[PDB]
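Forodesine bound to IAG-nucleoside hydrolase.
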Amino acid sequence: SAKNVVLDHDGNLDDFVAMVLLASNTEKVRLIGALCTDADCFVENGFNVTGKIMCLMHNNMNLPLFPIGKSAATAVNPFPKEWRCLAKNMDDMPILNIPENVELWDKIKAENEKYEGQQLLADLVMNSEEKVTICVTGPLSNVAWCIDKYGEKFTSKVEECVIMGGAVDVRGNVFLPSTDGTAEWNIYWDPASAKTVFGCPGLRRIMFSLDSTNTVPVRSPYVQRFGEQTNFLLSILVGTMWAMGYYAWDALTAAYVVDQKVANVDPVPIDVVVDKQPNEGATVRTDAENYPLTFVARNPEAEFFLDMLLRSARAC
Amino acid sequence: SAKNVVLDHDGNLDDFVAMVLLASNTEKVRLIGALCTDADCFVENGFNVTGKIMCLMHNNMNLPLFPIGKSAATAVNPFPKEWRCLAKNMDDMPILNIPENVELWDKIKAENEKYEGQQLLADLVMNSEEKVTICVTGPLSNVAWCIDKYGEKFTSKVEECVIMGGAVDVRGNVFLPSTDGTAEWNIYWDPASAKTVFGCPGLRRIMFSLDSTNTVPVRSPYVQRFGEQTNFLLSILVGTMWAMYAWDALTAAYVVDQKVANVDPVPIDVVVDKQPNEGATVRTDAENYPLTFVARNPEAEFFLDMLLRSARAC
Ligand SMILES: O=c1[nH]cnc2c([C@@H]3N[C@H](CO)[C@@H](O)[C@H]3O)c[nH]c12
Ligand SMILES: O=c1[nH]cnc2c([C@@H]3N[C@H](CO)[C@@H](O)[C@H]3O)c[nH]c12
Ligand SMILES: [Ca+2]
Ligand SMILES: [Ca+2]
């Protein structure tokens with residue numbers, strides 16, 4: 001009884017760990033598509049790594065193929081050049097370049113190159129028989145576009161939108177000379193889109209803000225445990241990615257989609273600062289009457305998540 | 001018969017690929033030891049990666065263990081912190097943390113933690129029955145130290161010093177506000193030590209300067225070829241390191257097989273003052289100045305195939 005999930009990511013290392021988490025848990029998740037945004041990555045690399053990962057999994061665990069599209073979304077405020085992916089680095093990793101897998105990817109690559117990521121998101125949600133859960137690990141530009149373009153026809157088909165983004169009762173992570181450090185990168189990348197998303201009535205939202213993700217730092221000892229599973233392709237993959245502060249922001253978010261025990265949620269009316277102020281991009285509690293609620297993750301089960309990841313990485 | 005070789009490195013990615021090359025070619029190289037310098041890495045991480053690589057190999061093919069020492073050499077001009085952390089990353093790679101191998105490392109770690117890199121180098125060379133080839137892939141502080149402390153007693157025991165460093169007819173790679181870009185990093189890190197080494201009489205030196213290493217850039221299509229060999233631990237290791245020029249690897253390849261390149265005798269001096277061209281390796285006309293055999297036109301394809309083949313040792 002797996003639910004349909006679409007992954008809307010921006011190709012960084014944790015976006016790919018999130019992908020593995022979602023794809024590996026076939027009992028709970030049926031991954032029907034993914035789109036990559038040119039934010040915290042260079043979209044072509046992110047697109048290719050997504051396909052290489054999908055093909056490796058298809059040939060080793062019977063994971064069904066799914067469409068992958070590149071989003072045309074553009075930044076309001078660009079991610080730092082440095083961080084913009086080791087996705088280029090991941091594209092040359094040996095584990096993602098096994099002939100049988102690379103050959104299959106090259107066979108279906110052309111048709112996926114044809115999709116427009118944003119439309120792909122809209123179509124997968126609207127045309128699916130059952131409702132779709134959207135896992136957003138990059139900026140909210142794509143979900144916002146779908147809301148602006150299809151409205152209720154889109155939102156009514158969304159089971160829930162599980163979002164990695166924001167900072168509610170803690171500091172953010174955007175520290176530039178012109179910012180005060182209260183905003184988080186995914187929101188800051190496109191504040192207006194984030195606002196559209198958080199204020200959309202009739203869209204159920206689960207939000208993994210830094211309040212919860214801060215409890216899961218990526219530490220060496222834990223990362224080295226993937227060394228106990230080198231006979232599993234997914235452990236070489238996940239371990240290598242994490243081997244390269246840093247938190248499992250996107251991974252925690254995806255873990256929740258797999259099993260809601262990862263964390264409890266509490267309703268909070270969320271607005272986003274779009275003006276060019278030092279706190280531009282901040283997700284704040286609004287007093288507006290009848291403002292829609294967003295379910296913010298709290299007290300995530302850290303141990304549970306970490307063990308879930310290590311276990312999922314033994315899928316194949 | 002294999003020749004005795006000691007790897008004197010500073011823990012960056014190519015340092016480790018060089019180590020794999022030397023270690024995998026048991027027919028040509030008998031790797032009797034290694035030392036790690038806190039230069040292009042943080043020594044502790046460099047130390048641990050060296051050990052993990054050695055134990056990974058020892059547990060999967062015939063390769064005797066050898067002593068690994070931490071050098072106490074300190075920089076004159078440090079590498080940008082950015083590159084130094086790469087050893088930390090490799091230290092957490094899954095292929096280097098397989099339990100049986102880590103346990104082996106944990107088991108022999110005590111014996112190795114007590115060595116002083118510079119002294120271990122002096123000892124391995126001088127106590128060897130045959131002469132020893134030194135493969136230097138980091139700064140020349142350690143060889144200089146041995147020369148400074150033992151002179152002829154040390155050099156007379158060196159078959160040859162194969163060095164990755166300098167730039168002769170091409171531009172360097174040290175681009176900083178205070179420099180003019182004619183210098184190469186390994187030399188720049190410690191110019192004085194380099195001067196002692198390159199001006200040392202009775203020391204045969206083979207030098208892989210940027211002039212030759214520039215002709216072997218690390219390319220994606222080639223790096224992806226390791227994906228054809230995932231059944232080999234060494235291919236997972238090498239491909240992973242190059243995915244995230246082959247300076248040091250070319251230098252070690254030469255040690256395995258000198259067919260990697262022809263060499264030309266050039267009298268090489270080093271600029272030591274704190275000027276913009278500090279650390280540059282410059283040709284000198286001084287009478288009776290010692291010669292250094294500078295590598296030229298390295299066999300690129302031969303080198304790329306040797307590495308691919310070597311990565312299939314296990
Ligand atoms: O230092 C960093 N390197 C790479 N990505 C991120 C991010 C990205 N932004 C989100 C967390 O702020 C999350 O989706 C992650 O992929 C924040 N900081 C870094
Ligand atoms: O951009 C870089 N990343 C990592 N290492 C180096 C080096 C180091 N210095 C030597 C080549 O200049 C070589 O031993 C290598 O380990 C130069 N540039 C870089
Ligand atoms: Ca992300
Ligand atoms: Ca080096």
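In what follows, every chain begins at residue 1, and chains take the letters A, B, ... in the order their sequences are listed. Just follow the structure's listing: the first ligand is 1, and inside any ligand the first atom is 1.
Forodesine, all copies counted: located at ligands 1 and 2. For forodesine (ligand 2), the other chains with a heavy atom below 4.0 Å are labelled B.
In this structure, residues within 4.0 Å of forodesine (ligand 2) (heavy atoms) are B:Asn12, B:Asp14, B:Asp15, B:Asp40, B:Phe79, B:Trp83, B:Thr137, B:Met164, B:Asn173, B:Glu184, B:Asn186, B:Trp247, B:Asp248. Heavy-atom proximity to B:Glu184, at under 4.0 Å, picks out these atoms of forodesine (ligand 2): 10 (C), 11 (C), 12 (O). Of all atoms in forodesine (ligand 2), listed by their number and element, those nearer than 4.0 Å to a heavy atom of B:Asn173 are 11 (C), 12 (O).
Within forodesine (ligand 2), counting atoms from 1 as listed, the ones closer than 4.0 Å to a heavy atom of B:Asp15 are 16 (O). Per-residue contacts place B:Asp248 under 4.0 angstrom from the following atoms of forodesine (ligand 2) (heavy atoms of the residue considered): 13 (C), 14 (O), 15 (C), 16 (O).
In this deposit, the organism assigned to chain B is Trypanosoma vivax. Under 4.0 Å from forodesine (ligand 2) lie these other ligands or ions: ligand 4 (calcium ion). Taking any N or O of B:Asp14, backbone or side chain, at least one lies under 3.5 Å from an N or O belonging to forodesine (ligand 2). Taking only nitrogen or oxygen atoms, main chain and side chain alike, B:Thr137 reaches within less than 3.5 Å of forodesine (ligand 2).
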